[PDB]
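Below is one structure, written out as structure tokens; comments come after it.
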Amino acid sequence: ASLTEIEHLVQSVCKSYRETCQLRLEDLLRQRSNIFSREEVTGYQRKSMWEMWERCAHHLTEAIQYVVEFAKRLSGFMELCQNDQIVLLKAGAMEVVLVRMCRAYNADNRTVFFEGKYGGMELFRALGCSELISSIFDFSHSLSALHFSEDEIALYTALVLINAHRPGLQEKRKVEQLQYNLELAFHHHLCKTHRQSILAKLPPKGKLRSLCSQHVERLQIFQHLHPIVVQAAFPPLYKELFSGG
Amino acid sequence: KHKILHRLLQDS
Ligand SMILES: Nc1ccc(S(=O)(=O)Nc2nccs2)cc1
Ligand SMILES: COc1ccc(O)c2nc(C)c(C)nc12
Ligand SMILES: OCc1ccc(-c2cncnc2)cc1
Ligand code: NA
């Protein structure tokens with residue numbers, strides 16, 4: 001792609017990102033002092049493991065629906081065959097959610113916006129996946145230290161999704177070309193805003209895959225203990241992406 | 001198989 005086309009690509013991705021976020025960044029920032037009390041935290045800690053998993057799977061499913069809408073607005077995504085669209089979303093939707101979540105993370109007090117207020121990782125104790133929760137909090141903390149703009153997250157998440165290395169891609173060369181153009185848009189934007197210093201600080205190739213693999217593993221453990229809860233009370237989209245339907 | 005995703009990608 002030429003220069004004018006790259007700038008158009010940057011504008012298009014940033015607009016697609018802003019239009020596909022449930023909450024405005026300004027809404028999240030204005031809620032920072034709205035923190036769960038010690039009584040409310042104890043309340044979440046006293047919830048049954050199955051109740052907390054159900055609540056978390058519903059919130060993750062809603063976040064994924066927004067990621068699907070984001071993918072659909074990406075130039076070239078809708079021109080790929082359905083097999084490749086599905087391969088990219090199944091491999092990348094959770095990774096996009098993990099990156100987007102730093103917008104709802106307050107590095108000042110290590111809290112996340114969850115169910116209307118900010119709370120620390122202790123809110124999630126009843127899930128019984130402490131190692132995964134602390135790794136997600138560590139990841140959001142590491143991204144927050146980069147001070148990403150909303151435009152930087154938009155371009156980086158388009159790249160998390162448009163990855164030609166995903167196994168199962170039928171039109172690999174077509175995805176390599178969309179990836180190259182998105183990489184140019186991302187690097188052009190960083191060069192234009194004097195933010196190329198972040199390139200070295202972006203998470204390593206393998207960190208997102210590790211977090212996604214841990215999520216799937218913890219789900220399998222929960223599913224063995226509460227199979228009827230997953231079958232009857234988890235969203236169908238969640239099961240499609242994480243437990244093969 | 002992939003019922004929901006197929007519907008979301010078709011739903012225009
Ligand atoms: N509780 C809550 C917190 C953040 C958001 S979001 O609008 O930032 N969308 C996101 N999607 C993925 C990560 S953040 C929605 C609900
Ligand atoms: C913005 O952070 C979140 C929002 C909503 C959730 O259900 C979350 N559920 C979990 C488990 C974690 C770590 N973060 C969450
Ligand atoms: O347990 C993994 C997990 C669950 C939910 C979320 C999430 C949902 N909605 C907004 N931000 C983040 C992220 C990771
Ligand atoms: Na943040």
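By convention in this document, chain letters (A, B, ...) are assigned in the order of the sequence lines, proteins followed by strands, and residues within each chain are numbered from 1. Whatever order the structure lists them in is the order used to number ligands and atoms, beginning at 1.
- For ligand 1, the chief contact partner in this model is given in UniProt as Nuclear receptor ROR-gamma.
- Of the listed drugs (sulfathiazole, gabapentin, sulfamethoxazole, propylthiouracil, pyrimethamine), the one at ligand 1 is sulfathiazole.
- Contact chains for sulfathiazole (heavy atom under 4.0 Å, other chains only): A.
- Polar contact check, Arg100(A) against sulfathiazole: no nitrogen or oxygen pair lies under 3.5 Å apart.
- Mapped onto UniProt domains, most residues of chain A near sulfathiazole sit in NR LBD.
- Taking 4.0 Å as the cut-off, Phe113(A) counts as a neighbour of sulfathiazole on heavy-atom distance.
- If you look at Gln22(A) next to sulfathiazole, the close heavy atoms, those under 4.0 Å, come from the backbone and the side chain alike.
- With a 4.0 Å cut-off on non-hydrogen atoms, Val67(A) does not touch sulfathiazole at all.
- Taking distance alone, with nitrogen or oxygen atoms compared against 3.5 Å, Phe114(A) stays at or beyond that limit from sulfathiazole.
- Residues touching sulfathiazole within 4.0 Å, heavy atoms only: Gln22(A), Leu23(A), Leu28(A), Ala63(A), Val97(A), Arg100(A), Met101(A), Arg103(A), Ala104(A), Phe113(A).
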